[PDB]
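Heading - afegostat complexed with Beta-mannosidase/beta-glucosidase
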Amino acid sequence: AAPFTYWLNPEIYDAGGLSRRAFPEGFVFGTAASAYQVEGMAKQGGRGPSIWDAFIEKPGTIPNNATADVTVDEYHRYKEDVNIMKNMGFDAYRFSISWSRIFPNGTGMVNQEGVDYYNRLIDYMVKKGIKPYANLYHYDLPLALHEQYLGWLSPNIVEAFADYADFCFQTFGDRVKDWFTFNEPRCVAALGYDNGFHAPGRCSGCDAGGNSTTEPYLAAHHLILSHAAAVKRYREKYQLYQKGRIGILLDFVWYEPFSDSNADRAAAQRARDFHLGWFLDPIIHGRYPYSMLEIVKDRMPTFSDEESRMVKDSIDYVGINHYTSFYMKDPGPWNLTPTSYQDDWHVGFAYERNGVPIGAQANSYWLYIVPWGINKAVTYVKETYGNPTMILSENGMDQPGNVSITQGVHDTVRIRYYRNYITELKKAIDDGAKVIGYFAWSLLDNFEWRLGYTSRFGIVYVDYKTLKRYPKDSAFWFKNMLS
Ligand SMILES: OC[C@H]1CNC[C@@H](O)[C@@H]1O
């Protein structure tokens, strides 16, 4: 790389008063990734196709028609990556298991080569002293199950998932003591079934078909039941003997009332219900949020008393993926003709107040830099859900894909992001929030779904021509902060 790559950024040594002592005893610091975004070997090693494999095939889906067939190729360079995490001082790694790498068809025949890969990765993490946190699902439904019965839209998916989870618990549970069923089921449901932005690409307008008024809610209901069923397998068959824990990863945008008026306040609350409460109300209270039931009515499925009891308290902790915040306005009189899940919120967004932007924007269209939002978000969870045990399970920001190694590694905006968000998180914790861990998204620049390689979330720069890794200033900022 050009000589400027190796300039020593003094920001690295500015920890803003953060250290392991500033956090609770045994607090875990990690990084997070997912199978599809980092593994490569998409069509190799016995892996069956997922809905993203099919979705990507349609031209124009991913910028420059890029694929995740190789991506950053962690399938082969997992040792190097784990070595980087260790060298940077991280305690843990949240990865995901590809359902279709284990069961090419989703059910039945186990792909042993796939199992051997996860076994290698986990064994090496353990050997290096990195704690494995395993997520079972991160957007990668086996295509076969979508072909058979439309995947998440069928109640058949529930036991298919439980069986898959069950297998993972018995295969990997002797060393994996921390499990998650789903990463961001809200996004699976909304992006997958409301606006068709993610695989399977369904919505009211969409080429693949769909109905934005009903399918997101059906998907979500089955994801909640699938989660509950997986957790039941774990609790009844494995947990007492393996002595691990299980939870779920929920994305949570902070919604701030645009003003102190009752309408704006109620607008902010309604967005929280539709975004987070959709999933966390069932899990903590056994029921869907009140606003949702009243607005969506018959377009939302109902739990039986038996399902409600299975879902309630079906976590040992909750992962909160948090990045950003928006202002929320009452939008005025509601039009009540069913349009979409997003429209069902009946809120207006705002990104500035008194000519002042809520924060600077990162590369991603949705990502505003608002450190105080993490404090509000976590405090909200503490106060609303009975102070649950929490993991701050994703946090980070992106640069554009079109930067060189030389400029890409000097990501001082990212140092600032982490310093400020972690600082705001520390305050929430200091004020009583039972946060037990924090995970940065992500170790490496990787395949960023619809944005492909036009977005760089890593604290480590990856040259996509050579797949060489170059730690950014933010990686060294962590190494210094954590030592
Ligand atoms: O886009 C940022 C990240 C949000 N959470 C899930 C990840 O797949 C994603 O890269």
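In what follows, residues are counted from 1 in the order of the sequence shown. Every number for a ligand or one of its atoms is a count from 1 in the order of the listing.
Heavy-atom proximity to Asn183, at under 4.0 Å, picks out these atoms of afegostat (ligand 1): 6 (C).
When hydrogens are left out, the protein atom nearest atom 4 (C) of afegostat (ligand 1) is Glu394 OE1, 3.3 Å; that is the closest non-hydrogen contact. Between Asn321 and afegostat (ligand 1), not a single N/O pair is under 3.5 Å apart. For afegostat (ligand 1), the polar-atom distance check finds an N/O of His138 within less than 3.5 Å of one of the ligand's N/O atoms.
Near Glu184, with a cut-off below 4.0 Å to any heavy atom, the atoms of afegostat (ligand 1) are 4 (C), 5 (N), 6 (C).
Each of the atoms 1 (O), 2 (C) of afegostat (ligand 1) lies under 4.0 Å from some heavy atom of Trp366. Here the protein heavy atom with the shortest distance to atom 2 (C) of afegostat (ligand 1) is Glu448 OE2, 3.5 Å. Each of the atoms 6 (C) of afegostat (ligand 1) lies under 4.0 Å from some heavy atom of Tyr139. When the heavy atoms of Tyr323, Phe457, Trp449 are ranked by distance to atom 3 (C) of afegostat (ligand 1), first place goes to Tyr323. Defined by non-hydrogen atoms within 4.0 Å, the binding site of afegostat (ligand 1) is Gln37, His138, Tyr139, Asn183, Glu184, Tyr323, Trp366, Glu394, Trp441, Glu448, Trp449, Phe457.
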